[PDB]
Participant: 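Consider the following structure, which includes sunitinib.
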Amino acid sequence: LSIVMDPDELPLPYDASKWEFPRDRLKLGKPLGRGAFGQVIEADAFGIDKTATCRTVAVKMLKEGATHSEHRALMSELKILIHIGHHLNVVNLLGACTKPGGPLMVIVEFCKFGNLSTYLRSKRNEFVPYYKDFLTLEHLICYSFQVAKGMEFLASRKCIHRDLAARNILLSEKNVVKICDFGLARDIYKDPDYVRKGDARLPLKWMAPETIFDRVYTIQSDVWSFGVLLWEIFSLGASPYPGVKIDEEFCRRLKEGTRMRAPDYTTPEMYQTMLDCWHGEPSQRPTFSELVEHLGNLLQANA
Ligand SMILES: CCN(CC)CCNC(=O)c1c(C)[nH]c(/C=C2\C(=O)Nc3ccc(F)cc32)c1C
C-alpha cells in the first residue's frame, strides 16, 4: 500500500472505544473497486457518526485468497488512518470492525463520484473555461488547490504518498476531492499505469527521477507526482506522456530536463507550475505548503 509515514523521520495501541464499530450496524453492498487481495465495498452503516441516522460509507476489506500478510497490511492502513487523523481533502476513517471471529474492516468516507481521472475524462463534453453541471476552469484550479492542501496536511502528519495520481483522488458531493490510497483494492498487475520492473510494477509516469533511478521517496519526489497530477487535471483525465513508450529510453530524456507539453485546458500559470514541480533538483521544486498558496492565488485570479 501507498500512503505511508516518511522514513526521513522515524522512529500507541488501537482505541476500540473510539473506533470499533458493530458488524451488525454495517450493511454491505456492491464492490467499488477490486484488486488482488483487497476490495473497497460500498456499505450502509447505521448511526456511525449521527446517533440513529444511516449513512453511506466505503468499507475496505480483504477478499478471498488473502493471507495474514494482507491482513497485516490492512491492520497497517487503519493504523496510519488513525494517525493522520481528520482532514477534509483526504479520505477519513469513520470506524473499524477489528473484532475476532470476523473479517477485518476499515470504514472510510464514501465518495459518490469515484476517482478524479475517470470523472474528468467523462466530462470532456460538458466543460467550459467560464450551463449547470458543466466543468469550468474555476473547478479545475479548485481541485488542484484542494489536493495541494490535502497533500500539505498529509505532510504535517509526517506522511508520504508513494503513488500520488489523479486515479488515487476521489470526488464527492459538492466538489470536495479527497486524497486516498486504494491500497489492496487496486490491482497493479492489471492497471497499465503500472509498469513491470522485475516483479516490482511502478507508476513510472508519476514517479520522480530520484525515486526511479535510486529509490528516494520524499515529500518532494511527490511534488513531481503532483506536477503530473496537475497535468491529468488540465487535460481532463488524459494519461501522461501520450503514445510515448515507457522504457529505458523514457527515463533517460526525463533527467535531460525533458517535460510533457501543455495539456489542452491548462492556463499559462498552471503550466509553469507543472514545470516547477518537474525540477531536476528535488530541492528547487516547491513545497506543497508553497503550492497551496500559489494555487490559492491562481484561484482568486480566475475571478
Ligand atoms: C459509470 C460510473 N459509475 C456508476 C455506476 C461510478 C462508479 N463508482 C466507483 O467506481 C467508485 C466509487 C463511488 N467510490 C469508489 C472508491 C472509494 C470511495 O468511495 N471511498 C474510498 C476511500 C478510500 C479508497 F481507497 C477508495 C474509496 C469507487 C472506485
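Sequence positions for chain A are given in the PDB entry numbering; the residues included correspond to 802-812, 820-938, 996-1168, in order. Recorded method for this deposit: X-ray crystallography, 2.8 Å. Order of listing sets the numbers, starting from 1, for every ligand and every atom in it.
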Participant: Which chain is the largest contributor of contacts with sunitinib here, and what is it called in UniProt?
Facilitator: Vascular endothelial growth factor receptor 2
Participant: Enumerate the residues contacting sunitinib with a heavy-atom distance under 4.0 Å.
Facilitator: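 The binding site of sunitinib (heavy atoms) is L840, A866, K868, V899, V916, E917, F918, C919, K920, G922, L1035, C1045, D1046, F1047.
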Participant: OK, so UniProt lists some ATP-binding residues in chain A. Which of them have a heavy atom under 4.0 Å from sunitinib?
Facilitator: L840, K868
Participant: Among UniProt active-site residues of chain A, which is nearest to sunitinib, and at what closest non-hydrogen distance, rounded to 1 Å?
Facilitator: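 The UniProt active-site residue nearest sunitinib by heavy atoms is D1028, 10 Å.
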Participant: Of all residues in chain A that touch sunitinib, most belong to which UniProt domain?
Facilitator: Protein kinase
Participant: Check the entry and name the source organism of chain A.
Facilitator: Homo sapiens
